[PDB]
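Chain A is the first sequence line, chain B the second, and so forth, proteins listed ahead of strands; every chain is numbered from 1. Excluded from the calculations below are hydrogen atoms, water molecules and symmetry mates; all remaining heavy atoms, backbone and side chain alike, are included. All ligand and atom numbering here is 1-based and tracks the order in the structure.
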Amino acid sequence: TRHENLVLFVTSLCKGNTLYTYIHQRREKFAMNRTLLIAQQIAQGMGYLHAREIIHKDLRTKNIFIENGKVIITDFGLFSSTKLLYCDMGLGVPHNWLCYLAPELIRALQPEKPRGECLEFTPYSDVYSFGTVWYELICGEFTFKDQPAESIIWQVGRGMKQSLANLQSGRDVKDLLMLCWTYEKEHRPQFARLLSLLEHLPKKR
Amino acid sequence: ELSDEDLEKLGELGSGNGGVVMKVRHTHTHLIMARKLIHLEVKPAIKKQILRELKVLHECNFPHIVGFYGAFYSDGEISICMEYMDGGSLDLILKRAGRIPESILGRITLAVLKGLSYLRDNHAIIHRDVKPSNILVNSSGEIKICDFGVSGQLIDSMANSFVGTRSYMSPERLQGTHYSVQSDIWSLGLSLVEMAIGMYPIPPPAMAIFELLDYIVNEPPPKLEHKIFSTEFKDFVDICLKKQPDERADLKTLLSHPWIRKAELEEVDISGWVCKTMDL
Amino acid sequence: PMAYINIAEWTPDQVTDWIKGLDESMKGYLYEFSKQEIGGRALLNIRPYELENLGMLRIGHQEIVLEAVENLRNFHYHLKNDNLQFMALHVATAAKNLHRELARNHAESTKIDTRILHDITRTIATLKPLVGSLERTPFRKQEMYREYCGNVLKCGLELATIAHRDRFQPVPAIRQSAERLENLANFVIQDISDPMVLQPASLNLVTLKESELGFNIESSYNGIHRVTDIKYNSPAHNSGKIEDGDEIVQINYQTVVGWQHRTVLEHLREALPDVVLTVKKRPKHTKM
Amino acid sequence: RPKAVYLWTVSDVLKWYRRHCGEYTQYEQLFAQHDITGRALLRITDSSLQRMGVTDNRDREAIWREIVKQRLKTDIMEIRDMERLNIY
Ligand SMILES: CC(=O)Nc1cccc(-n2c(=O)n(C3CC3)c(=O)c3c(Nc4ccc(I)cc4F)n(C)c(=O)c(C)c32)c1
Ligand SMILES: Nc1ncnc2c1ncn2[C@@H]1O[C@H](COP(=O)(O)OP(=O)(O)NP(=O)(O)O)[C@@H](O)[C@H]1O
Ligand SMILES: [Mg+2]
């Protein structure tokens with residue numbers, strides 16, 4: 001946990017601003033070079049993480065910290081099928097949590113009383129969340145916005161993707177987005193290949 | 001005007017049972033009146049924007065709508081208070097009694113139809129939340145309505161959400177289509193079947209959320225052909241429950257339906273039933 | 001683009017003006033529409049019962065306004081979702097609905113009920129946008145799209161022929177054809193990995209000049225004004241952005257969706273020497 | 001090769017009513033007053049017929065089925081045209 005300042009979770013472990021608050025409250029148009037650098041750092045960090053047979057079970061845009069251009073990935077050993085638990089009114093769904101789940105995980109249970117662990121996590125399902133991160137970092141906002149949970153669940157379970165009405169670039173970035181969100185698990189790429197794909201610059205400056 | 005200082009604390013049906021509400025008796029002239037605990041974490045910039053959208057909630061004095069007394073903020077929560085009803089809601093009565101006979105169902109349908117027609121005709125507000133959990137019954141025999149979506153910004157800024165094992169959405173709603181008045185009819189018909197039989201009918205007489213949300217869209221809509229009812233009731237539910245929105249009648253053409261006219265011309269003792277079911 | 005054209009805030013004057021071009025047999029209803037002050041929000045949610053309150057006692061006169069309203073709603077609400085996957089949704093959903101209904105009915109020794117023919121007609125009607133978009137510019141220079149078009153057209157032809165030919169039983173045949181249609185729709189939804197099926201159409205502004213731009217409009221039965229046979233003269237495509245398959249929706253900042261072809265040509269030829277239009281260009285790529 | 005149903009006029013509609021469903025001869029004048037052209041013949045709905053004045057259930061069902069058959073028969077003439085265009 002040294003090469004990309006990976007954090008294992010006030011003289012150390014300092015906390016501050018993150019990527020989510022940056023891109024949302026600041027509303028600053030990130031440069032293309034900064035986008036490429038951040039994506040490369042995230043891909044390298046996750047590829048290093050995947051090499052130690054430990055699965056990052058919760059990747060969002062609030063679990064990344066940027067300080068002077070150095071990326072930091074945190075909280076990769078907490079989430080599970082038990083951490084979420086709510087009353088008899090049904091499952092308590094956070095506001096922006098249902099758009100980061102791959103189709104194989106979106107089949108959650110309603111009665112909030114599952115024996116054991118309902119979900120099953122694999123490295124194949126983790127790369128799906130990287131696609132949403134890149135989409136929101138290149139476009140400017142989330143996916144499936146202004147929709148209820150009972151609609152997002154069914155739309156994602158059918159194997160859908162948000163229509164690319166806000167992106168203006170070449171075919172490479174859209175091809176990568178389609179690669180990440182593939183319906184079948186085995187046909188998804190791996191971070192070793194994705195790092196090579198992103199390394200070949202689609203554009204410069 | 002309204003402030004949290006002059007509101008007291010009274011007895012409640014339960015602690016944490018479903019949502020949290022708390023009866024309040026005003027010190028001044030003893031205004032018995034309920035409260036709604038709504039909790040949000042929003043920056044003050046949009047707080048005023050939400051606040052400006054509750055005046056339309058008070059500028060509507062139809063008989064078949066619960067009154068609105070005011071709204072105020074107190075320590076991280078938005079407080080909205082409405083007239084207290086000593087009867088309860090159709091959910092609790094359904095759980096205790098077991099079902100509802102035909103005449104009470106007809107009177108309730110008439111009341112909700114009139115309320116929806118008034119709201120749509122006067123302010124063009126689409127309910128979008130119609131279920132047996134949003135119909136309040138008094139003790140004299142009245143029927144009211146509450147919790148209708150007026151401010152869309154509150155939905156966009158809601159802190160959490162819940163799903164539950166019972167859903168009342170429309171097949172067009174689950175496919176990303178917009179919200180229209182025709183969506184309310186499907187939910188109202190589903191509620192009518194629910195109170196007619198006694199249980200949620202979508203699983204024919206458990207399993208994940210997706211297996212329900214995809215059973216609603218594809219499988220044929222439920223019907224009440226398995227028991228002896230009034231025929232007009234069956235045709236009313238049939239008209240209400242149809243997959244394609246264009247085949248679903250608008251509220252202005254079920255008000256002339258034979259079942260609604262028969263209900264209007266009759267007279268049934270609602271007060272006796274509601275008094276008997278509850279604790280006097 | 002979006003700022004110029006809105007439908008939920010239309011003043012009653014704009015609703016009155018747009019209705020005028022629908023037909024020449026609705027000149028007398030403009031005053032009544034103006035009296036009640038029917039805005040865009042009420043216009044988009046018009047229903048048969050309401051139309052009888054403005055003296056429209058004729059069903060045939062109601063149908064034209066209903067069609068124009070439906071077209072306007074489709075253009076406005078789903079402008080930014082009109083992509084290949086969205087059209088593939090209805091092709092699949094209706095087929096699965098019909099299949100499940102047939103399986104649940106389990107009918108035997110009975111003729112095809114009129115409801116079944118109604119669903120079959122609804123299903124084939126959903127094929128039209130898909131094939132209409134597939135054979136146009138984005139997907140006409142590749143073999144895979146042509147093969148998919150041929151397969152779906154063969155399935156639709158079997159669907160229609162089996163139903164129309166004779167009555168019952170063809171029920172297993174129609175069920176199997178529905179299953180094939182559903183499978184092909186699922187394949188276009190999920191398996192195909194090209195990024196074109198995600199991008200929808202887009203809006204654009206075009207200026208044209210006393211030269212008569214010779215784009216002969218070939219209006220279909222739905223009133224969709226599609227430009228065809230652009231003249232080979234250099235200035236037409238050098239100064240203009242028009243191309244085959246382009247669709248015209250606005251003339252001089254005035255919506256014409258769902259009109260009749262006669263007035264569109266009349267308006268264009270009677271327009272000013274300098275004209276401004278709005279074109280719904282087919283999907284492309286900004287390769288920079 | 002009949003003409004396209006989208007281009008039909010009223011006279012064609014009464015001719016169609018005379019030929020295909022001439023048994024129910026007491027309802028033909030209804031199509032005249034309500035101006036049922038070719039375009040409106042396609043999208044006529046059961047509610048629309050009920051409004052128009054087909055009180056009896058059986059006659060309304062028969063007319064519904066006849067119009068449905070006509071609409072299905074005109075659907076083939078579009079699929080074949082699009083197939084021919086695809087083959088080119
Ligand atoms: C995802 C989704 O469908 N969201 C959605 C969609 C439409 C509606 C609502 N909605 C809701 O459900 N509630 C109930 C649950 C408490 C509200 O109270 C509620 C509410 N307040 C309210 C209004 C009137 C009365 I008289 C009492 C009240 F309390 N106002 C002002 C709203 O405009 C919304 C946002 C509400 C929520
Ligand atoms: N003014 C009121 N009069 C009577 N009962 C009330 C009033 N306000 C709230 N309640 C009751 O308070 C309880 C909790 O309500 P709440 O959680 O807001 O909605 P709900 O209908 O119970 N559930 P849901 O359908 O999931 O939103 C219900 O039993 C209501 O009937
Ligand atoms: Mg409530």
*Specify the drug or drug candidate modeled at ligand 1.*
trametinib
*What is the name, according to UniProt, of the chain making the most contacts with trametinib?*
Dual specificity mitogen-activated protein kinase kinase dSOR1
_Any idea which other chains have a non-hydrogen atom closer than 4.0 Å to trametinib?_
B
*Residues near trametinib, heavy-atom distance under 4.0 Å*: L54(B), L57(B), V66(B), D129(B), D147(B), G149(B), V150(B), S151(B), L154(B), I155(B)
*Name the UniProt domain of chain B that holds most residues in contact with trametinib.*
Protein kinase
*Per the PDB, what name belongs to chain A?*
KSR
_Can you pull up the source organism of chain B from the entry for me?_
Drosophila melanogaster
*Identify the covalent attachment point of trametinib as residue and atom, or report none.*
none
*Which UniProt active-site residue of chain B has the minimal heavy-atom contact distance to trametinib, and what is that distance to one Å?*
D129(B), 3 Å
_Other ligands/ions under 4.0 Å from trametinib, by number and name_ = ligand 3 (magnesium ion)
*How does trametinib relate to the UniProt ATP site of chain B: which of those residues have a heavy atom under 4.0 Å from it?*
none
